Asks: 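First the structure, then my questions, so here it is.
To find a chain's letter, count down the sequence lines: the first is A, the second B. Shown for chain A, in order and in the PDB entry numbering: 30-117, 140-363, 371-443, 449-508. Residue numbering for chain B follows the PDB entry, covering 30-117, 140-363, 371-443, 449-508 in order. As the structure lists them, so they are numbered: ligands from 1, and atoms in each ligand from 1. Header says: X-ray crystallography, 2.3 Å. Excluded from the calculations below are hydrogen atoms, water molecules and symmetry mates; all remaining heavy atoms, backbone and side chain alike, are included.
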Protein chains: 2
Amino acid sequence: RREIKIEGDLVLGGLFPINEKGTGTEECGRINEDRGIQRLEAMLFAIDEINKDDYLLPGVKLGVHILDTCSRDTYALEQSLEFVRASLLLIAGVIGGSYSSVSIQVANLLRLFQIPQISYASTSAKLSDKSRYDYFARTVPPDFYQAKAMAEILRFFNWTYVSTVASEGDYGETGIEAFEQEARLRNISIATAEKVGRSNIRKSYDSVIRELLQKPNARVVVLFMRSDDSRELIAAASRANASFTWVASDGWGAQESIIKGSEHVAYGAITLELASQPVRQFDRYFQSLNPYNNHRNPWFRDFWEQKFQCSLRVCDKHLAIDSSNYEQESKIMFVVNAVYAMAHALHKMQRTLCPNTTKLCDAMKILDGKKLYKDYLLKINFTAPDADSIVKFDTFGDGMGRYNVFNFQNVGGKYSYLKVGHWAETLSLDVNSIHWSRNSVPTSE
Amino acid sequence: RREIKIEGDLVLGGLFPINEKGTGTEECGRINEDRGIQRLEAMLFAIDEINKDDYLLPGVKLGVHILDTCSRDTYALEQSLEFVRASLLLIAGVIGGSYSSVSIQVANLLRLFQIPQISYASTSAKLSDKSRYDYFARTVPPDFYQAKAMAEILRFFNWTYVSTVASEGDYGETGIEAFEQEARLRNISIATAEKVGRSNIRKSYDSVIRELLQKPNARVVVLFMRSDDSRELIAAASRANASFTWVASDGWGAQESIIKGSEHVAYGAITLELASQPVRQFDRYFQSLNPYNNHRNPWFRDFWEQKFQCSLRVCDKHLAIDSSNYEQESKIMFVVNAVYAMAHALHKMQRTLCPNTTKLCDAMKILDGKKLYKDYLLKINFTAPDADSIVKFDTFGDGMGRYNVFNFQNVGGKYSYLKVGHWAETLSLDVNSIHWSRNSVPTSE
Ligand SMILES: N[C@@]1(C(=O)O)CC[C@H]2[C@H](C(=O)O)[C@H]21
Ligand SMILES: N[C@@]1(C(=O)O)CC[C@H]2[C@H](C(=O)O)[C@H]21
């Protein structure tokens, strides 16, 4: 029964895809290093920082209850029952999840116990429906904007006949449906519309690649897809020696885990990811972690063994997370900001209900989740450790539509994602910086 | 009757392709800006510098007699008769020409009057035959080395099945014949061997392109070709939408005049040019020239009118040669070094025959061209305005086999030749710096 239980005056729930979905039958698979472990650690880091902050909840120690979702909504629901068992360890708010289907499933349960929820990565436009997700907010924007951003990229390059591939579920389907409307407003025609996934209703990854090849004019393929699904499509494209210009949503983003080993078939890909700035203090914190000093994370040993491909053959005692094997996951800023958003809402309620103490007074011992959400959580602060670096929610509990545009390249022997553009109400690109095809040495034999 | 006659104690002849060959019938065509005018000016500059040098011929003023070859050996012979009329204005030595056929034709005449000749650009291995060209030397190497350098480039990239195109004449034919032997030593097979040129025996440029397309496996085409011929082949390749990886000799080199307007069909070309270092003092001298202060050059007005596409519509009085419209022609170092080689040989003869004067004594009034060539011209000095920056000739009157390797690219909107390698006995390359194909935005319509 793996979890992180750290005692406090107020406890925050945490949900992270520590492990991937398991193959065939198994619930849990490999460790998700950057979107699982780093994010988990970014929450532990933010809590440690808040617990050292003299201006944010002094006298009110924040504890945690962090669980694995195994990248499955069904597994997340089971785990989320632990957060509500105390109403059937009391929970003040929940941080997570990542996948929109997980956040949706969790929200369906949490709203029944008036528990506020803040996601740091779920971008489904569905989650903006406050009549259904009345206790949900997020430091990230809805995919209404990402879809617009992608249609504007195609319109800019006159990619007027494209194919679409979407992951089944809450993220992919509504994301691509929004993209199809934006594309239609820009006289962009859709050649074929495919859906991928693990369910009984989905066609094969090879059948999807065959559908893309049956429209040879559509060389640009727009993807709104999970990471796990992006890998299976790339593998299928490889098997059929299919060549496409992939234009992918944040599900792919600037993740090297999707392209590693199949760099040639994803060359020249254009990807989006939410506009973020790395938390420098997090880099320091994360690089100091090892299996000998990190006692509070029960998944850290499995993470270490996977990351360094050894057993603790044998793991060298001086293996270290550093700039040679690590880069801050693009959405860490949102994790820290979500924990801080919850803490700021709690601090404000604390100062309103207990003005003559720093402590959790009698008037605030029984938390009013409804008031915490509506009267406090929709607040305003400058990010923790330009001009618009403020943490706030709109009327619908959403973040701002800001994205960075990336191009998958080969710099000088090394494959990476280079930032080539930005989207915030309008599209800005550095067209000269983009590489569209692999620079292969010609053959003459 | 266009020429440059500057009076001196000793006069040096000069031959430069000021104008291109004329089309159809006409002897002279457009002005050759960089290989014609700049080179001519590099000789006038070197003479001005020598005439200011207290350590090199003080007391012996160097004059000039500079003529246009119109890039034709037949025209060069006519002009060269002026240098020998004084034996049928006395000439001490001749600087030039550029094209190997011109230098050969000139040498056939000069050797009859014991007049030493130094070429700054003729690389034919034929000119190394001292039983035939007994008065010829050069600051440049024979193409025995360039051919080796090119075969080593192909061998390095495993380009084992290639086509060849050569300009008819002394440069192309012996250059490619040497390449074919070096390629055969490296198990490189030749698909087709074509020859181009203005003569009655040559097949069409379109017929040559058709021969290259009939061997589709041979994507790499090696060229030993004149500049004028390189342009006609590129135009023919364009008309047939032919795509090839061109590997070209110094005839093409790093000249933008060959690719201007047809950058797309020559993209990713690998070219060689003799290893040279720009003469900084020349840049200053050349950029100061305008049609109002340059009285001694009778072709400068035509040059200016062509370079700026105006009539002196109307040429702006403040038009200037600068870093925005000018780059020192790759072989300027060799022009300056050839003039200096002649001056050093004359200085040494002067100090041997007139030890008690700086002046041209009675003992040196009738120059012994045979002794000047054999006993003095094969000398040794550090270049004028690493460790091996010395000016010398081997036993055969030749320079050292050193080449720079260039790649025709699009940097960031601008098309240019980037140095990507070097050859001096062995091949060294920076493979990561090379671009092989045009980075075109994909089409999806
Ligand atoms: N924006 C996503 C979503 O399901 O809403 C797409 C896939 C997964 C991304 C993540 O964890 O960074 C989250
Ligand atoms: N090396 C050449 C030659 O005919 O020997 C080839 C074409 C022409 C080059 C030049 O003027 O720079 C000279």
Asks: Quick one: S-pomalidomide, LY354740, N-phosphonacetyl-L-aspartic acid, EVP-6124 - which is at ligand 2?
Replies: LY354740
Asks: Just trying to sort out this structure - which chain has the greatest number of contacts to LY354740 (ligand 2), name per UniProt?
Replies: Metabotropic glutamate receptor 3
Asks: I'm mapping contacts for LY354740 (ligand 2). Which other chains have a heavy atom under 4.0 Å?
Replies: B
Asks: For atom 1 (N) of LY354740 (ligand 2), what's the nearest protein heavy-atom neighbour? Residue, atom name and distance, please.
Replies: B/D301 OD2, 2.7 Å
Asks: Any nitrogen or oxygen of B/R68, main chain or side chain, under 3.5 Å from a nitrogen or oxygen of LY354740 (ligand 2)?
Replies: yes
Asks: Determine from the deposited structure the residue and atom in covalent linkage with LY354740 (ligand 2).
Replies: none
Asks: Report the other ligands and ions found less than 4.0 Å from LY354740 (ligand 2).
Replies: none
Asks: Mark up the atoms of LY354740 (ligand 2) that fall under 4.0 Å of a heavy atom belonging to B/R64, in ascending order.
Replies: 9 (C), 10 (C), 12 (O)
Asks: Give the residue, atom name and distance (to 0.1 Å) of the protein heavy atom nearest atom 4 (O) of LY354740 (ligand 2).
Replies: B/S151 N, 2.8 Å
Asks: Please state whether B/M276 comes within less than 4.0 angstrom of LY354740 (ligand 2), counting heavy atoms only.
Replies: no
Asks: Take every heavy atom of B/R277, measure it against each atom of LY354740 (ligand 2), and state whether any distance is under 4.0 Å.
Replies: no
Asks: With atom 2 (C) of LY354740 (ligand 2) as the reference point, say which of B/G220, B/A172, B/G223 has the nearest heavy atom.
Replies: B/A172
Asks: Filter the residues UniProt lists as binding L-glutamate in chain B to those having a heavy atom under 4.0 Å from LY354740 (ligand 2).
Replies: B/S151, B/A172, B/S173, B/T174, B/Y222, B/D301, B/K389
Asks: Show me which atoms of LY354740 (ligand 2) lie under 4.0 Å from any heavy atom of B/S173.
Replies: 5 (O)
Asks: Give the residue and atom name of whichever protein heavy atom lies nearest to atom 7 (C) of LY354740 (ligand 2), and the separation in Å to one decimal.
Replies: B/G302 CA, 3.8 Å
Asks: Return yes or no for this condition: an N or O of B/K389 is under 3.5 Å from an N or O of LY354740 (ligand 2).
Replies: yes
Asks: Heavy atoms under 4.0 Å from LY354740 (ligand 2): which residues of other chains qualify?
Replies: B/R64, B/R68, B/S149, B/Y150, B/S151, B/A172, B/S173, B/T174, B/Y222, B/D301, B/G302, B/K389
